[PDB]
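The next PDB entry has pomotrelvir (bound form) among its components.
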There are 2 protein chains.
Amino acid sequence: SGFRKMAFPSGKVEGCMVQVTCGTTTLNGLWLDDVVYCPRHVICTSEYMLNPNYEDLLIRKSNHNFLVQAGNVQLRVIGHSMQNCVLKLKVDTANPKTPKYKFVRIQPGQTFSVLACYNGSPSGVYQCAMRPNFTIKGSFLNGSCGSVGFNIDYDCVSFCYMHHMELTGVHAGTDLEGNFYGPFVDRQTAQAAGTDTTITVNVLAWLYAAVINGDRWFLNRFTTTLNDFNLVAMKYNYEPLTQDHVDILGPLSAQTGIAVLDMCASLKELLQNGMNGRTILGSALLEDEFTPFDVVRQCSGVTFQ
Amino acid sequence: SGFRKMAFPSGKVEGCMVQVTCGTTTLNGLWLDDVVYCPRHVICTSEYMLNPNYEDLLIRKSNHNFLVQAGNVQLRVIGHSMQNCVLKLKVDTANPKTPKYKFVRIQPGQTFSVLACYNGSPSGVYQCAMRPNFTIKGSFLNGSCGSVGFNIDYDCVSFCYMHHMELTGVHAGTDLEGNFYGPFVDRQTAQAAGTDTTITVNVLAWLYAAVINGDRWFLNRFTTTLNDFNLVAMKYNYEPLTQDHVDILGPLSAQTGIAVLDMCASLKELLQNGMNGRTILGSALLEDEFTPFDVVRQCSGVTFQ
Ligand SMILES: *C(=N)[C@H](C[C@@H]1CCCNC1=O)NC(=O)[C@H](CC1CC1)NC(=O)c1cc2cccc(Cl)c2[nH]1
Ligand SMILES: *C(=N)[C@H](C[C@@H]1CCCNC1=O)NC(=O)[C@H](CC1CC1)NC(=O)c1cc2cccc(Cl)c2[nH]1
Ligand code: NA
Ligand code: NA
């Protein structure tokens, strides 16, 4: 028992991380087979951070302006191209530690692990959710650009995020095809993150984890309907709940014998009176960065190889 | 910026994890050079979980009763011995992925990463603190015995914890020399964890992290003394504060320009009036599982290779 914010084991990703330097800018890249992926803003200078024209900047480069280092070894860049907001650097050596991988774009509410890196060197791993406003609440210092987010499916690494910038305390990036999450661009403009909301299906999954781990004080005998629940959620900036969400919570309902709409009635109450100084799984706030699948994984115990 | 519960990258440990079976019991082992380390209770059955005599149980075994599997490969056990509460299984093949390592015993208040494993397969990584009562608040299901806790110092893995049991919701284990943290034994008795307290120097480190990240609302103009502070801490089950702790917080005081005893005055106030519905770094409780070093690492950015 117990319940922690748990990240995927990162070994498979650590072996893909490299350092990419162009000019006086150094950041991280992802080396899979014979391609290094990194944020295209590595080709920027100071003059072009406000209004860059990346096609122009790229045409003025040649392969030898790109220093790519895998630990000690240097990788020879033999070609380059741009795909949306990433740069693909073709190198002379295929990474022998290339895992089985795929590139997937995630949806708001889903969680992933981030391997934070500096100078191509892994520093820390943590779990976060993609927020409804398409940012993540990460932990990133200067030089972390190119750090990746990922999930593991059995033996397969699904890369879903590459870090590009910080915007007023939160973080924005792209999928691995270079397309931004959210309405952001990789230049200096007046862009800000929109209003965030709380991910309701994740809060319910976490309340089930609490029950599984013996925290029951917030339960009550009432039931509610999707529509009466969603009527109260909207007042509190909670995402509305769909029948799809009810179905996804099925396994957890089964294992605890508490119907989803039963548990919604407890959530309704918590929204209207607060916690009154009580805690749930060691938190005094309602936690929304665990998906139903995260809970099952952690409260039933699936592994990966 | 941002602040997360961040674990060490686990690649270096993942390559040491193996599966150990004896009889109908399967759990995890740590394979370093040509020795596999695992909890000695793998030699127990049902009859001997209450009052085992491990020396007797071990003499009745031979090397071939130990099935050790590293993924697919089987490792031939060529010798065994017991060291306190661990078993050391000598195997015919030295692990080629043995990192530079050492065995260290940690103190209450210090943090480490846990690589939770099942059947020798890594499942998740998370950060936790050794509590003042010598337990950890982990997340572990049946079969996680032998999972290890570790820190990384540059290129060197310091193993500090091997998981042995769950005791009423929390977790207890040994160092890698087989000596228990805390007054626990690896048998079924009436043992329970003693009273826990809050790790004050860690709370102060976290308040500094908050300031570094722009949360300043709890600061005030007052100062206090070690003795007046510790007088209030004791009422709230906070560990007393020493001059050693003040010195360790030095770097953080320097970087924020807030003296330690200054920050203690803010903590005093928070203890006496609570948060009044406000949050600090996204928490509504005072967090004590980040050490001063964790904060510096995360709010300044040291890496490892
Ligand atoms: C990538 N290496 C770097 C990481 C940033 C730096 C700030 C703290 N954390 C991070 O995630 N980001 C970077 O170079 C981008 C590049 C953009 C495309 C032009 N810029 C920023 O994220 C950035 C710069 C500044 C300056 C002042 C205030 C803020 Cl919020 C900034 N964000
Ligand atoms: C090791 N594989 C296993 C892991 C435990 C199982 C319970 C949930 N989480 C864990 O960490 N633990 C194990 O075999 C030990 C062995 C001891 C030395 C004899 N036992 C327990 O941790 C255990 C068994 C039970 C039964 C009922 C209640 C509790 Cl708290 C128990 N703890
Ligand atoms: Na109810
Ligand atoms: Na003060």
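Letters go in sequence order (proteins before strands), and every chain restarts at 1. Values reported hereafter were calculated over all heavy atoms of this structure, with side chains retained and with hydrogens, waters and symmetry mates removed. Just so you know, ligand 1 is whichever comes first in the structure, and atom 1 is the first atom listed for that ligand. Method on record in the header is X-ray crystallography, 1.9 Å.
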- Message: Mind telling me which chains or ligands belong to pomotrelvir (bound form)?
- Response: ligands 1 and 2
- Query: What name does UniProt give to the macromolecule most in contact with pomotrelvir (bound form, ligand 2)?
  - Reply: 3C-like proteinase nsp5
- Query: Taking 4.0 Å as the heavy-atom contact limit, which other chains touch pomotrelvir (bound form, ligand 2)?
  - Reply: B
- Taking heavy atoms and a cut-off of 4.0 Å, what residues surround pomotrelvir (bound form, ligand 2)? B/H41, B/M49, B/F140, B/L141, B/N142, B/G143, B/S144, B/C145, B/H163, B/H164, B/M165, B/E166, B/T168, B/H171, B/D186, B/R187
- What about B/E166: any of its N or O atoms under 3.5 Å from an N or O on pomotrelvir (bound form, ligand 2)? yes
- Distance-only N or O hit between pomotrelvir (bound form, ligand 2) and B/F140, under 3.5 Å: yes
- Would you mind running through pomotrelvir (bound form, ligand 2) and noting each atom that sits below 4.0 Å from a heavy atom of B/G143? 2 (N)
- Message: Taking 4.0 angstrom as the limit and counting only heavy atoms of B/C145, give me the atoms of pomotrelvir (bound form, ligand 2) inside it, by number and element.
- Response: 1 (C), 2 (N), 3 (C), 4 (C), 12 (N), 13 (C)
- Message: Help me out: what species does this PDB entry assign to chain B?
- Response: Severe acute respiratory syndrome coronavirus 2
- Find the UniProt domain of chain B where most residues contacting pomotrelvir (bound form, ligand 2) lie. Peptidase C30
- Task: Output yes when the distance from some N or O of pomotrelvir (bound form, ligand 2) to some N or O of B/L27 is under 3.5 Å, and no in every other case.
- Result: no
- Item | Atom indices of pomotrelvir (bound form, ligand 2) within 4.0 angstrom of B/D186 heavy atoms, with elements | 18 (C)
- Query: Residue and atom of the covalent bond to pomotrelvir (bound form, ligand 2), if one is modeled?
  - Reply: B/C145 SG
- Query: Protein heavy atom under 4.0 angstrom of atom 18 (C) of pomotrelvir (bound form, ligand 2), is there one?
  - Reply: yes
- Query: Heavy atoms of the protein only: does one fall short of 4.0 Å from atom 28 (C) of pomotrelvir (bound form, ligand 2)?
  - Reply: no
- Which of the numbered atoms in pomotrelvir (bound form, ligand 2) are below 4.0 angstrom from a heavy atom of B/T168? 30 (Cl)
- Message: Does pomotrelvir (bound form, ligand 2) come near enough to B/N142 that some N or O of the ligand is less than 3.5 Å from an N or O of the residue?
- Response: no
- Query: Nearest UniProt active-site residue in chain B to pomotrelvir (bound form, ligand 2): which is it, and how many Å apart by heavy atoms, rounded?
  - Reply: B/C145, 2 Å
